[PDB]
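Here is the structure we will look at.
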Amino acid sequence: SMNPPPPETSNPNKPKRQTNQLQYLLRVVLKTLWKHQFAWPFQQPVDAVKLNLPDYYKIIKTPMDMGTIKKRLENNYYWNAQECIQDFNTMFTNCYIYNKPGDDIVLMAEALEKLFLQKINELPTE
Ligand SMILES: Cc1ncc2n1-c1ccc(Cl)cc1C(c1ccccc1F)=NC2
């Protein structure tokens, strides 16, 4: 029983770019979530082996985590802000899908998502 490879943090075939919205996403949006008290289960790829979740990667076929996003932003992996927002959005949704609606993790993701939404209200005009 094995974990999949984590999502790529670089691809030499994918065009790279820095935008003031991607800078804002790293310096502000990601710093804000990363430092949160509820950030810890989302700072890395979901370890199905270590966590005892043999069904996790049968259900969630597009995993994403903030460690992957942070590394993506640091390597200019994204072309635009929408790409990154999407990865964040995937992360949240993944959590919503797999967990029972009253699990603690679900409440944590909701707390991080409302924070996410607040922060991206001040995303610069590109
Ligand atoms: C992301 C994610 N989706 C599903 C899981 N997780 C998760 C990931 C990492 C860690 Cl350290 C715990 C959990 C936890 C978890 C988090 C907080 C409280 C209890 C838990 F089982 N559950 C499995």
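Chain A is numbered as in the PDB entry, which gives 42-167 for the residues shown. Hydrogens, waters and symmetry mates play no part in the numbers below; they use all other heavy atoms, side chains included. Every number for a ligand or one of its atoms is a count from 1 in the order of the listing.
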Drug name at ligand 1?
-> midazolam
Which chain forms the largest contact interface with midazolam (ligand 1) when counted as heavy-atom pairs under 4.5 Å, and how does UniProt name it?
-> Bromodomain-containing protein 4
What's the shortest distance from atom 9 (C) of midazolam (ligand 1) to any protein heavy atom, and which residue and atom give it?
-> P82 O, 3.2 Å
What atoms of midazolam (ligand 1) come within less than 4.0 Å of a heavy atom belonging to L94?
-> 23 (C)
Looking at atom 7 (C) of midazolam (ligand 1), is any protein heavy atom nearer than 4.0 Å to it?
-> yes
Which organism did the depositors list for chain A in the deposit?
-> Homo sapiens
Output yes when a protein non-hydrogen atom is found under 4.0 Å of atom 3 (N) of midazolam (ligand 1), and no otherwise.
-> yes
Contact bool for atom 11 (Cl) of midazolam (ligand 1) (protein heavy atom, d < 4.0 Å) = yes
Quick one: which midazolam (ligand 1) atoms are inside 4.0 Å of a heavy atom on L92?
-> 7 (C), 8 (C), 9 (C), 10 (C), 12 (C), 13 (C)
Taking only heavy atoms of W81 into account, list the atoms of midazolam (ligand 1) that are under 4.0 Å away from them.
-> 11 (Cl), 17 (C)
If you map the residues of chain A that touch midazolam (ligand 1) onto UniProt domains, which domain comes out on top?
-> Bromo 1
Would you mind listing which atoms of midazolam (ligand 1) come within a distance below 4.0 Å of any non-hydrogen atom of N140?
-> 3 (N), 4 (C)
Look up atom 19 (C) of midazolam (ligand 1) and tell me if a protein heavy atom lies less than 4.0 Å from it?
-> no
Please identify which atoms of midazolam (ligand 1) are closer than 4.0 Å to at least one heavy atom of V87.
-> 1 (C), 2 (C)
For atom 16 (C) of midazolam (ligand 1), what is the nearest protein heavy atom, given as residue, atom name and distance?
-> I146 CD1, 3.3 Å
Identify the binding-site residues of midazolam (ligand 1) at 4.0 Å, heavy atoms only.
-> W81, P82, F83, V87, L92, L94, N140, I146, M149
